[PDB]
Amino acid sequence: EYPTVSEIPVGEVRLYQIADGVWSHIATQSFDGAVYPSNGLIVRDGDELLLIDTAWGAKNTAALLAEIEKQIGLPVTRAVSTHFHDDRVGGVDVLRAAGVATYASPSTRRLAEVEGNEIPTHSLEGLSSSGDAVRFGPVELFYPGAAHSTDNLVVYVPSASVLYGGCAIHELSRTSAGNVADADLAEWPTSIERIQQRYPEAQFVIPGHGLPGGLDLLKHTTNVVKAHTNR
Ligand SMILES: C[C@H](CS)C(=O)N1CCC[C@H]1C(=O)O
Ligand SMILES: [Mg+2]
Ligand SMILES: [Zn+2]
Ligand SMILES: [Zn+2]
């Protein structure tokens, strides 16, 4: 059921309903001779929508907004970027031009600025220390500690038991640790443990790339990170 990278041409975006009021959005890009998918989240926030992450680039994010308009028809009023990479903030300017209030932690904003990436407008306080959690409407934002990046946030939708791990959590078919250029390999397993400890009731786990699964994705991620660490 879940759209794979072979089913979405670069430039198009698919929506996938995970639970009532919760969708992932799936987009693709070519990189270094392969095509990769990328997921974000959409969470119904009363009569508005909360967007988690861009669709990885301006063109995809424009397509995302058009697809949300077509398929859901509620306004995207806020967006949270869960780390500073282009699959999370690339397209912030498109969101901003569309009247979406864009948010990220100060750690993400600082790192995005260093990288020369797009910078969400608003700063999310209360997430600077590993284990910090803040409510953001229909989701909880959780900073589990450094993992895939030092700023990576995870997002939990308590009404749907959906845990969005972002790029700190790998899909089952991923055997490498992904892009580790900005990762904290030493802390990544401990950060995963914090996610497991805070959301042991999670029923759906959404990685930043690839197929959703369950909490098994967390142990899988730990195994993959350990294997990469021991290369
Ligand atoms: C843009 C994302 C951010 S997690 C990324 O690093 N990717 C996605 C494609 C592969 C890998 C890379 O560029 O090395
Ligand atoms: Mg595994
Ligand atoms: Zn990343
Ligand atoms: Zn990513």
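For chain A, we keep the numbers from the PDB entry: what you see runs 32-262, in order. First listed ligand is number 1; within each ligand, the first listed atom is number 1. Side chains included, hydrogens not; waters and symmetry mates left out as well; all remaining heavy atoms used. Determination method: X-ray crystallography, 1.4 Å.
At ligand 1, of the options CHF5074, 4-methylumbelliferone, L-captopril, the drug present is L-captopril.
Short version: main partner of L-captopril, named per the PDB entry, is Metallo-beta-lactamase type 2. Binding site of L-captopril at 4.0 Å (heavy atoms): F62, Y67, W87, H114, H116, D118, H179, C198, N210, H240. Looking from atom 12 (C) of L-captopril to the surrounding protein, the closest heavy atom is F62 CE2, 3.6 Å.
Nearby ligands and ions of L-captopril, counting only those under 4.0 Å: ligand 3 (zinc ion), ligand 4 (zinc ion). At the top of the distance list for atom 3 (C) of L-captopril, counting protein heavy atoms only, stands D118 OD1, 3.2 Å. Taking every heavy atom of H116 and a limit of under 4.0 angstrom, the matching atoms of L-captopril come to 3 (C), 4 (S). Counting the atoms of L-captopril from 1 in the order shown, those under 4.0 Å from a heavy atom of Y67 are 9 (C), 10 (C). Contact atoms of L-captopril toward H179: 4 (S) (distance under 4.0 Å to a heavy atom of the residue). In terms of polar-atom proximity, defined here as any N/O pair under 3.5 Å, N210 does make such a contact with L-captopril. For atom 8 (C) of L-captopril, the nearest protein heavy atom (residue, atom name, distance) is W87 CH2, 3.5 Å.
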Under a 3.5 Å threshold, I'd like every N/O contact between L-captopril and protein atoms, with atom names and distance.
from: L-captopril; atom 1: 6 (O); to: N210; atom 2: ND2; distance (Å): 2.7

